[PDB]
Participant: 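Our group is looking at a structure that contains droperidol; some questions.
Naming convention: chains lettered A, B, ... in sequence-line order (proteins, then strands); numbering from 1 in each chain. Read the numbers this way: they start at 1 and go in the same order the structure lists the ligands and their atoms. Side-chain atoms are counted along with the backbone in the values below, which use heavy atoms only and exclude waters and symmetry mates. So how was this one determined? The header says X-ray crystallography, 2.2 Å. Cropped entry; intra-crop contacts only.
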Protein chains: 4
Amino acid sequence: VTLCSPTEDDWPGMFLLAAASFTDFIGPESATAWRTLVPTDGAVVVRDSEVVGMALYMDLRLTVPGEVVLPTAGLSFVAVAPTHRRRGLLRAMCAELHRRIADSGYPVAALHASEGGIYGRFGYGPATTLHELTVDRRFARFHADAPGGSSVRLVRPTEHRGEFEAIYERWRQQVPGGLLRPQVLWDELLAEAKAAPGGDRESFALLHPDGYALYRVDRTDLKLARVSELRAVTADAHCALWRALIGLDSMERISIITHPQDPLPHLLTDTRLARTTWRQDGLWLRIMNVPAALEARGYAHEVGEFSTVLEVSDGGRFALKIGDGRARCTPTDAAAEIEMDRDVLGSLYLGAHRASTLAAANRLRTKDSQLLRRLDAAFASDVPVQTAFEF
Amino acid sequence: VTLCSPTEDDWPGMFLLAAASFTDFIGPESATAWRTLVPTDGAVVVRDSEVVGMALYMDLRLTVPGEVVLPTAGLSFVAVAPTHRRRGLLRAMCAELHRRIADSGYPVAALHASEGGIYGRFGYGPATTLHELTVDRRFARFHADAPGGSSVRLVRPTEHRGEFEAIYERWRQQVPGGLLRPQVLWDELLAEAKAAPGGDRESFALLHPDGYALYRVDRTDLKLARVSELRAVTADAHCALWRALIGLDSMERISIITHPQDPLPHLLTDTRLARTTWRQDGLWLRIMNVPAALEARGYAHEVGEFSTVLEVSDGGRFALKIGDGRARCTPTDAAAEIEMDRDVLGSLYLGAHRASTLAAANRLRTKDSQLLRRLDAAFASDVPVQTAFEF
Amino acid sequence: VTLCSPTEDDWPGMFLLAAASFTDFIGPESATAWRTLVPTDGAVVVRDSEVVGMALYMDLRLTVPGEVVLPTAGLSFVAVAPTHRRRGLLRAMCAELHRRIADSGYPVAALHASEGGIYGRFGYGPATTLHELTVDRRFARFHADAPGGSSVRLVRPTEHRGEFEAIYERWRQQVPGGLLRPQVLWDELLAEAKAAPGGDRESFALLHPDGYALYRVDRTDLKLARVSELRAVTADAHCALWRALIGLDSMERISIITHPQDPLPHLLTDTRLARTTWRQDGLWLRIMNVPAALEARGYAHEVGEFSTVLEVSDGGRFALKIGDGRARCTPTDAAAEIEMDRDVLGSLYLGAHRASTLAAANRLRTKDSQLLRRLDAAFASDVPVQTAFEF
Amino acid sequence: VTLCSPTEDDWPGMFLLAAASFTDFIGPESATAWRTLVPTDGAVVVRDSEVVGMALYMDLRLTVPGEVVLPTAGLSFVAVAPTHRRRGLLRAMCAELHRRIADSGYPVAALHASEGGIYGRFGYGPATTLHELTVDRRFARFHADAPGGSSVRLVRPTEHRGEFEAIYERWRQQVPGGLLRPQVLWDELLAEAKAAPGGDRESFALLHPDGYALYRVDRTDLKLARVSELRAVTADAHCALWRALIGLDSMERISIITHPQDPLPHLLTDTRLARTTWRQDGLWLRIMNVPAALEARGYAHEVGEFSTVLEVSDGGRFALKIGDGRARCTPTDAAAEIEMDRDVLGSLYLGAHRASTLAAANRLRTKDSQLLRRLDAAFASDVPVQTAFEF
Ligand SMILES: O=C(CCCN1CC=C(n2c(=O)[nH]c3ccccc32)CC1)c1ccc(F)cc1
Ligand SMILES: O=C(CCCN1CC=C(n2c(=O)[nH]c3ccccc32)CC1)c1ccc(F)cc1
Ligand SMILES: O=C(CCCN1CC=C(n2c(=O)[nH]c3ccccc32)CC1)c1ccc(F)cc1
Ligand SMILES: O=C(CCCN1CC=C(n2c(=O)[nH]c3ccccc32)CC1)c1ccc(F)cc1
């Protein structure tokens, strides 16, 4: 019907659509807390009267390679009523928000995808990889070389908020994929930590000066401990926390949603005991401003200075010069040496996907295999890309 | 009791131990064919009279980064009788074969591990990663950018041996992890292709000028096609074969044991449809001669010349200079800048594991983070490491 | 229609009824081998022309407490056509065979029951207990006290028939529940040992001078080894064989159908690792001649001489005197002190069930609790009752 | 760090360790009620400041054969923080409590084991056997001989506390394994009887003058009734209650955790319908004072007077004379005829395990098989050993 910024009167209608669209809907109280991260004009609704479509973005701070922090539009709360499918409501809402996001001066937008087949056509590429490890801790023995053969304390999460906040803040600034976690999201996290009748069990924390793990026993599998979050600033902290987790003698299995480069398997005499049980796209990126994004991040120092011409499909053509870990990215009408869709650049941006891999799928086109190797090396992240928290 | 090279009289006793030790035992006829790959003095047995221990190596040819082919001792048929456990028979047999392998002039030994917790202590490190992808082909749609939007033929494997041989030979020479597949292993492969009463179903082949896929419907899950092997020399061949496999309209799912950098997910509009259902160590490497191995392989051209001192624990100390994609590796008593166990070098050698990841687990020790980045970049493989065939 | 001893012409019709009645039917060749154990007049058929009912008994030798061996009628191959149910054919056939068995001079009849609710009314009581133990052998560690901390050999069963025969013969004579295993059943056992296409895997043997285990990997669960049979004459042999079985390092689990008093759990540091996964009635006994049966077996020496009057319902009344491990059992019309149905006496006879337990269910009636304790102690078996082989 | 009796200030720290260690943790309110059973100096904590280890014992009254009631130290609430494993904290805490328990004058200590591989080395032997029976009540028909072919009432548990208390008190005094159930544990039991939102369903009671059953429908399997507790003083009460339970016509299955000698199967025309679905060690015993324990219990009258010399490993050597159902147990330096570890004596003490079975595992050593038979008969319990309630 019409596409508008919602009034205060629209939010009950938005909560109804949310409840009907999201099985994990956090409820009106929690949703109202997350609103404090939505700027003025950060939300659109379609009315037919009742809300049949909604989408918004939150003001986020995303760490990219080089420990550079970018202002980031975090898309969220995106729903079309089941009564109004195949009516181009998602396309209309995504076009309006992208317009507002671009005009506001955000260099990147980000989201978590409900399905993998939807956001590629709006220029979002999967930029981090979720990697679930399940450890059969009954067989787990630490390698002779593993650090810390206690510095770790078993604590109530709500009693050590200050220490978790300070450790997380250090973590998010040093890791590509890191997000600033504002105070309202700490309020929400520590509320979810407590037990619920017929719901999740009590959360516990393992606290080190340079890391923490939040974990809870699974609702139904009482021999599975699920680590909701492990933030370690040092290798010593990461090993110490895993020694403590393998010490949960009443559990058969410890599971964590981590990143592909988690060193956990190498801490054990049997690397195979850390089984990959699940893999999925994590954070998705849409590069809003190609030159601003490419100039902002740091590049591998190991690759020698090189120049090329990059065309993003309907996204501009640029003279790209990378040397001394920095990029210069300027307008040109010179012949393109590399072509890709905007989504592909998003997938390269945090170093989670190799240019060579995307080239092999013809998502990235060049006639120079030397240029491909140089892109691969340059866009690689020294610190492996991790996922911060879902939004 | 005693450790000897087996006589012809010992092989029936070895087949009994094999049958009792290996649920996948290929049987005496097939085992006798695989013997033709075992050199004179390539086998040891422990007798108590009956065979209570055995181990052997086969003469293999392994492709490493730089399209360099190394003579490789492939350990196989390693068994201790259940009556003679915890008697140091494995250690005795592994020490004797390694002695023979080293003296024979092999720069590397390789194996497939029955368990992950066993071969690390004998200096084997996991060097390739098996990555099972399962595609729900009912939802699978190819991306607009994907090549070849037919060059592929559905054929009987036994009728196109010459073409499979020629395609495989091109594949194995261009890919790190590639093994020469001798004639006896082609005889064995095409025998396993045929249907067995109460066994596997008939194997089919999809044949392209520059690639093939061997597949069969699963024994019990009649909606699952299992790709036993897909060898593609070009991206066009890889895409064409996957278009054909997604055309198996009577199947719900196509599964393949592939490598982490398989571009398949990027060929689809929904990358998530190519689900990682399983991950395990593939080929394990023991570097027998550190300087011969390190000098033999090619290194990334992107990293500028650098020099360091590498100590392998009880494996020598070496002045290591890497530049122009080549390494020089000479004896030194100069202070070590990098320390690691022999197994760790095996894990780095084909580029499947990052020095940075192993350093984070303290399996690789240095005080210079710049040196770590340079090792990471140098040991990286341009062509992603794949697994050839199990032995 | 009519009840007759079958002619040679009837056996094809009997094999058809067998095939249709028994999913485990051994087939006409094996059935013809088992016939050699059926005496002249050991079989009845009901014809309607076609066979609609059959039953037979084999000449067996059953060991009872005191190492006494009784001639035993082993009922088997009992079937009523699905076309002729609820026509009293089973009752007619059981009455005729029991008549022949009694007149032939057998003191006891025995069977394995297809269902638990059928044979009680014909005077059969469950006399042995099948107890399946499943060991998670990955955690299994032997106790410091366990014997034999090798005497055991891994062998092909067919190559050591003489040794298995000799060990079994010693076992069956010393254990209540022991059956003589004739030559035709050894022929049949060693034929079932070999692998079958789309059937069972190859059987292996662990051979000690004073015991053997026959085992095979499960058809479908390739991490489960099933022990079909373990016959140990000494505790040393039993422990040595279990050390070897726990040495099957490619298995997660070892299962055995054993007896409730199997000492296996006490050999381990964690008794709980030997899990009871299944329990069922094994051998069923019908006491044909009460005085002959009661006088034949040995009794506990620990109980002092006592006298009572036992009435079996429609089975006679007897003055029963037990002292010095022997019983005298003579006719009397004196008042009964103990009453029970014939089936209950069968359940007491091998010591598998306590008189006190059966009394608590009112299956055994007396007004003297002292008499109950004395029966309990007297009928107890020093050597625990085991099950020999199914028939 | 240090091992102390806890102050009131320590109990919040103990509740945190409890919550993190025990998935079935009863919560601080219930735990505070169970404290009333812990004597002054009945608890130890290890502090590192925070609680990293705890253990306590409760004052219990345990019935042993001969209807003799022993003061019993019931170990419970035993936990080591996952941060402080493999630091000998359990050994230190168990040594201190055993010292206090011995000095206080308890002849026996008892516990329920979280795992089977832990308490044997501290002298605890499994002394009762939990036996789960599952009845498919749709097929269940009572035998002609079964008593009571109504005396039973369906009631709300909270309304008949006095009658349950009085029946239980009669039960616990007449059965080996019986525990006095104090008022606080009746308060706790009847609170657990009520329904919980997203928790257990409402409990019902079947009440007979001489027995009760407490049962509830399973949370998730709505065709399974679980009997939490059935206490029957007479066989008539036991049968009447089972007739009522088989009358739960909306259920497919009735399950109960009972003892191996439960007469239930013998009440049915098909004994096989009472399936053993689970078997585990119940109560564990550590004999603190060998002579006090052995002299306290009654022995079988059926065995004639005999004398032997018993050595408990690091537990004393004793002249043991058993006659007229009583034992005299005095110091001696005479040659040992029987040797066993302390844990083994615990396993024999309530008659749940036969000396012959433990001898077959070499956990009990003698050279006289006649002595073995006499021990077997003497330590046997006339009334079968049952399990009271878990602690
Ligand atoms: O509603 C959102 C975004 C929140 C997305 N959620 C995504 C992730 C979360 N969760 C988890 O990660 N595990 C959970 C289990 C139960 C419930 C929620 C879980 C929580 C948030 C919202 C609402 C109103 C706004 F203005 C702006 C935004
Ligand atoms: O026995 C071997 C090594 C073969 C290892 N196998 C390892 C891998 C194989 N397989 C598969 O990959 N899938 C299979 C399914 C059923 C049976 C075998 C399968 C086949 C070979 C041997 C025997 C005698 C020698 F002298 C030297 C060596
Ligand atoms: O047919 C019988 C009695 C045999 C009863 N069976 C009962 C037990 C056996 N089996 C097992 O124990 N496991 C088996 C697996 C597959 C097939 C058979 C199995 C084998 C025998 C027979 C036939 C003709 C006669 F004259 C007299 C008697
Ligand atoms: O915490 C204990 C011992 C209690 C052991 N539990 C063991 C057995 C029980 N349970 C069951 O049997 N089924 C249950 C289901 C849900 C919750 C508890 C269940 C309850 C008690 C304690 C606490 C403080 C003390 F001072 C002294 C002692």
Participant: Identify all ligands or chains assigned to droperidol.
Facilitator: ligands 1, 2, 3 and 4
Participant: Which macromolecule in this structure makes the most heavy-atom contacts with droperidol (ligand 1), going by the name UniProt uses?
Facilitator: N-acetyltransferase Eis
Participant: Other chains near droperidol (ligand 1) with a heavy-atom separation under 4.0 Å: which ones?
Facilitator: A
Participant: Which nucleotides or residues of neighbouring chains are within 4.0 Å of droperidol (ligand 1) (non-hydrogen atoms)?
Facilitator: A/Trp11, A/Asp24, A/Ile26, A/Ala31, A/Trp34, A/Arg35, A/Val38, A/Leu56, A/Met58, A/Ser76, A/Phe77, A/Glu192, A/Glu390, A/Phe391
Participant: Protein heavy atom under 4.0 angstrom of atom 18 (C) of droperidol (ligand 1), is there one?
Facilitator: yes
Participant: Give the closest UniProt active-site residue of chain A to droperidol (ligand 1) and its minimum heavy-atom distance, rounded to 1 Å.
Facilitator: A/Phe391, 3 Å
Participant: Looking at atom 13 (N) of droperidol (ligand 1), would you say a protein heavy atom lies below 4.0 Å from it?
Facilitator: no
Participant: Please report which non-hydrogen protein atom sits nearest to atom 15 (C) of droperidol (ligand 1), along with the residue it belongs to and the distance in Å to one decimal place.
Facilitator: A/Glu192 OE2, 4.2 Å
Participant: If you map the residues of chain A that touch droperidol (ligand 1) onto UniProt domains, which domain gets most of them?
Facilitator: N-acetyltransferase
Participant: Can you find a protein heavy atom closer to atom 10 (N) of droperidol (ligand 1) than 4.0 Å?
Facilitator: no
Participant: Just to confirm my output: which protein heavy-atom neighbour is closest to atom 2 (C) of droperidol (ligand 1), and how far is it?
Facilitator: A/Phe77 CD1, 3.8 Å
Participant: Provide, to 0.1 Å, the distance between atom 21 (C) of droperidol (ligand 1) and the closest protein heavy atom, together with that atom's residue and name.
Facilitator: A/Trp34 CZ2, 3.8 Å
Participant: Which protein heavy atom lies closest to atom 5 (C) of droperidol (ligand 1), and at what distance to 0.1 Å?
Facilitator: A/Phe391 O, 3.6 Å
